[PDB]
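The structure to be discussed contains rilpivirine.
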Amino acid sequence: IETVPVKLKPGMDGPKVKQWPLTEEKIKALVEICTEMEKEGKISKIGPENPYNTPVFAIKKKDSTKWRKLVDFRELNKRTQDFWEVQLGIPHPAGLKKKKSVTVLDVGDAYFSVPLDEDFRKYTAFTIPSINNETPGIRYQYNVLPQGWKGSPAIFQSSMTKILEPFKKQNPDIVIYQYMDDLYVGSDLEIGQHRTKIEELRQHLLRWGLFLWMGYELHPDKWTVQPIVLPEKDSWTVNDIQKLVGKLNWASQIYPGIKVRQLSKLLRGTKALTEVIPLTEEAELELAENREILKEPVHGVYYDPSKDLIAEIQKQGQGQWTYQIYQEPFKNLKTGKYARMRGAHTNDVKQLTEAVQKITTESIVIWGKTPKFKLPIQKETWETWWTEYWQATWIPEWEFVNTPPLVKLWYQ
Amino acid sequence: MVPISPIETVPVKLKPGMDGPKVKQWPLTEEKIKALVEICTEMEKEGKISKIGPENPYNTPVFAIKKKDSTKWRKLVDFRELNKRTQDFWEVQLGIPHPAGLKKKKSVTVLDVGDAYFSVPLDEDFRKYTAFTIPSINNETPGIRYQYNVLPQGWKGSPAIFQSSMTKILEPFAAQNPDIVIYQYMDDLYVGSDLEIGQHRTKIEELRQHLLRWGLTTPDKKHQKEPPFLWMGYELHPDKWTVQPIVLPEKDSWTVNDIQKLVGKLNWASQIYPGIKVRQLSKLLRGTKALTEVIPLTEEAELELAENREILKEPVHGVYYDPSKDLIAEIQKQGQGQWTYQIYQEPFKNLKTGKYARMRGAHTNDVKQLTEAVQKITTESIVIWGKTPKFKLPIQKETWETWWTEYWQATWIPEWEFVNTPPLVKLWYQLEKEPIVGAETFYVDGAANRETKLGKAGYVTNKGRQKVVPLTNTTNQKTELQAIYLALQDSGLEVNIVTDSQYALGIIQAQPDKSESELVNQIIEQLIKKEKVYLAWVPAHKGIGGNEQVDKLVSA
Ligand SMILES: Cc1cc(/C=C/C#N)cc(C)c1Nc1ccnc(Nc2ccc(C#N)cc2)n1
Ligand SMILES: NCC(=O)Nc1ccc2[nH]c(=O)[nH]c2c1
Ligand SMILES: [Mg+2]
């Protein structure tokens with residue numbers, strides 16, 4: 001109550017972003033949800049004097065029979081002022097990633113209890129389209145803090161701090177971190193105890209004045225990584241050696257001390273690709289020296305909060321995906337691999353969308369922000385399908401890789 | 001007096017930092033002035049405009065035009081300057097309905113709303129910006145000054161504000177009468193339904209009564225207008241739709257502009273007439289832009305044209321959408337990057353047709369194109385029907401599986417079945433995942449001098465087979481491809497090829513079946529003839545055997 005004034009950054013107008021086509025089921029879902037929200041005073045119909053637009057759609061979260069409204073505020077978020085005055089920043093807990101269990105709660109519904117600044121509401125305009133545009137799209141704006149908007153956690157933060165006061169003083173070891181509509185709650189204790197404390201946390205929110213029941217369990221202390229590893233073999237073909245030298249040449253951009261000279265000379269002469277080549281002892285020493293180098297961390301790797309995180313993903317085949325998160329090229333802040341399934345076994349694009357969500361989650365836990373994706377897929381294919389698989393309440397930025405990376409080989 | 005509900009005004013603003021228009025009024029003939037005075041007097045009586053004082057600093061120019069051949073004058077205010085300064089509005093009529101998404105209707109009635117059209121009140125605070133001046137006879141008195149009380153014709157916000165106001169009025173009637181549809185186009189309302197004619201007729205009267213509550217009168221004289229309707233380039237009929245007549249001109253000589261017109265008609269036609277092709281005819285439009293320039297039609301363009309004329313020989317109609325039935329989409333490959341599709345529910349009755357053209361690029365293949373066509377049809381179908389059609393595609397299930405599982409990108413197409421209708425999309429080649437035992441190994445390289453553009457390309461093999469070809473007017477990238485081509489050309493049915501060229505790998509790993517590059521095309525032709533090809537990459541200049549040797553030979 002008593003709204004905080006918000007503005008756009010200087011020299012920019014509100015978002016005008018086209019509503020993308022929605023299926024009949026998503027439209028029907030949104031009509032139902034919005035009718036209720038309008039009844040609750042959360043949103044109000046607007047007029048033609050509001051030119052602005054932000055796209056909206058609907059998703060189904062993990063194990064649920066009910067659609068969730070999802071607004072894509074990406075453009076508005078860029079155009080919205082950074083939040084400084086009362087809160088200068090949220091120094092990111094480094095201990096969150098170390099916890100045995102981190103549960104993700106959707107706290108976004110709490111935002112609806114805070115009125116949105118009257119002069120800013122127009123910038124939250126969104127449209128429910130009609131099939132075949134047969135009837136005019138239904139136009140609304142928010143009267144309260146919208147889910148998915150940058151300003152909502154910023155504005156609600158003081159209310160949130162007061163709400164979680166007794167839980168935190170009671171549970172000093174438990175790490176709570178907030179990103180957009182999500183709350184991240186870590187604990188090192190037994191998973192049954194963990195869930196108990198999570199349900200204990202829910203009540204704090206539940207008992208106060210009101211998809212909260214849900215939880216998404218992570219175990220970041222078990223999150224693995226991918227050092228560069230070289231084959232151990234008794235017999236090397238010419239081909240094996242070429243692949244090794246190629247992999248080492250690549251690695252040498254990362255690790256400076258790497259040498260291919262001795263190995264490369266095993267290839268002396270023009271030989272059948274499948275012919276077996278004995279390693280010279282000097283070749284073995286070189287290989288040995290290379291192995292040791294690759295056991296060390298990369299040199300001069302550091303996170304800069306002022307720079308974007310970039311995430312690259314390669315399709316490895318058979319449901320396997322590799323990825324790297326970096327700021328500067330060859331300095332990888334995290335590398336990883338997913339061998340997983342979760343359905344999607346016949347659908348590449350579904351698998352990729354799930355990978356994108358997982359990597360973003362890892363990014364939020366580790367650095368407290370989402371990365372910018374380089375996606376191995378054609379724009380038109382991605383843009384047609386990704387919303388069908390999206391389970392997350394935020395959305396990251398992405399671009400598209402049209403030229404096959406040669407380095408897919410070396411993350412395999 | 002029967003009280004009527006007022007229409008709520010939409011608040012309107014000028015763009016930030018901008019003031020209202022001040023524009024000199026043109027002098028007018030004595031006859032124009034007199035006619036404008038008469039018009040404005042009448043308009044003033046109806047409350048549409050009001051006289052104002054000298055205090056209002058604003059002005060917009062007013063004109064008088066006699067129609068064609070006639071004695072009657074009409075008032076035209078030129079709002080161009082005020083429109084530049086007026087805020088943007090939400091525009092609803094973007095994205096017009098496609099006829100193929102409409103539902104069949106037993107009856108469709110037209111209602112004249114022209115009374116409402118000129119009667120919507122304008123935001124009180126914005127009215128001053130609409131000021132205009134009738135010049136005075138002989139300029140011996142001050143001009144007569146007026147401003148608008150209602151949405152002026154030709155003003156930037158009039159269509160959006162009229163549409164939004166009408167919509168708000170109609171909303172409760174539509175909601176409480178789910179058995180009819182209502183669509184607003186210009187000063188008309190169109191009401192359809194499936195109701196027996198008595199009930200339909202009753203709904204129309206009820207609608208006329210509902211509109212009366214805002215004081216909006218509709219003529220007792222019922223609309224001469226009946227189906228078929230000519231709308232947005234279409235003919236709408238109760239049970240069917242088509243495009244308005246498309247007649248391709250006979251010509252001895254074709255102008256750029258003539259060809260642009262032709263393609264326009266053909267594109268428009270293609271949403272109903274199946275199989276329309278624009279490729280060859282569109283080619284003639286490249287570069288240039290001089291509108292009156294004549295172009296010779298190639299034999300290919302003549303052939304495409306003749307094929308189109310045949311397709312257009314008699315009228316074809318689409319049916320409407322039945323939500324109770326599945327949507328089916330079938331696609332055929334037409335050649336030269338051209339694809340055509342039909343969308344239907346029952347066999348032999350299309351809702352609509354259409355085409356897709358290959359995207360511009362250096363290299364391409366049929367599977368990628370088919371995939372792109374599927375995505376386009378999918379998106380178009382979400383717009384029109386709110387759902388993805390089931391696809392019938394000229395590609396074997398096994399071909400698709402081989403494709404997507406090995407393709408370097410993530411890719412997917414939605415539920416589909418194979419239809420065997422040549423030409424089929426197939427994979428022309430697939431490279432080996434492992435080196436081939438028993439197959440000769442070719443180490444290839446090429447290099448060129450950037451200045452002289454002289455180069456060499458060639459190979460050496462484990463059998464001591466060797467070739468080096470001298471080359472002129474070439475680049476390093478071309479020599480790298482040439483070398484691969486030579487190895488393919490000179491090997492047997494199974495071959496291992498070793499290259500250092502990241503460029504060549506990038507292209508081949510994209511799996512093109514066709515290219516703008518002659519050399520890539522020659523390589524593809526060779527790949528097609530092989531039984532097994534393993535392509536291996538190595539880094540250059542590493543002392544890698546057979547690679548360094550061939551590098552030595554081709555450099556100088
Ligand atoms: C878009 C639209 C244009 C016109 C008319 C525009 C004009 N002029 C008339 C109507 C009623 C509609 N709206 C809808 C909505 C759903 N189904 C239909 N089906 C439908 C419409 C016309 C005919 C006919 N004849 C048959 C079926 N129309
Ligand atoms: N080993 C060569 C090879 O398997 N080539 C190939 C070519 C075309 C194909 N179409 C398929 O479905 N599988 C194919 C395989
Ligand atoms: Mg070389």
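In what follows, chains carry the letters A, B, and so on, assigned in the order in which the sequence lines appear, proteins first and then strands, with residues in each chain numbered from 1. Both backbone and side-chain heavy atoms feed into the values below; hydrogens, waters and symmetry mates do not. One-based numbering, in listed order, for ligands and for the atoms of each.
Tracing rilpivirine through the model gives ligand 1. Here, the chain sharing the greatest number of close atom pairs with rilpivirine (ligand 1) is referred to in the PDB entry as Reverse transcriptase/ribonuclease H. Every other chain with a heavy atom under 4.0 Å from rilpivirine (ligand 1) is listed here: A, B. Counting heavy atoms within 4.0 Å, the binding site of rilpivirine (ligand 1) comprises A:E134, B:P97, B:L102, B:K103, B:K105, B:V108, B:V181, B:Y183, B:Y190, B:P227, B:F229, B:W231, B:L236, B:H237, B:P238, B:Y320.
Counting only heavy atoms of the protein, atom 16 (C) of rilpivirine (ligand 1) lies nearest to A:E134 OE1, 3.5 Å.
Closest to atom 9 (C) of rilpivirine (ligand 1), if we only count protein heavy atoms, is B:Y190 CB, 3.5 Å.
Considering backbone and side-chain atoms together, B:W231 places no N or O closer than 3.5 Å to any N or O of rilpivirine (ligand 1). Looking at the PDB entry, one finds chain A under the name p51 RT. Heavy-atom contacts of B:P227 reach the following atoms of rilpivirine (ligand 1): 25 (N) (cutoff under 4.0 Å).
Protein heavy atom nearest atom 14 (C) of rilpivirine (ligand 1), with residue, atom name and distance: B:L102 CD2, 3.8 Å. Atoms of rilpivirine (ligand 1) found under 4.0 Å from any heavy atom of B:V181, numbered from 1 in the order shown, are 11 (C). The protein heavy atom nearest to atom 10 (C) of rilpivirine (ligand 1) is B:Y183 CB, 3.7 Å.
At the top of the distance list for atom 23 (C) of rilpivirine (ligand 1), counting protein heavy atoms only, stands B:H237 O, 3.6 Å. Counting only heavy atoms of the protein, atom 22 (C) of rilpivirine (ligand 1) lies nearest to B:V108 CG2, 4.0 Å. Of the N or O atoms in B:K103, one or more lie within a sub-3.5 Å distance of an N or O in rilpivirine (ligand 1).
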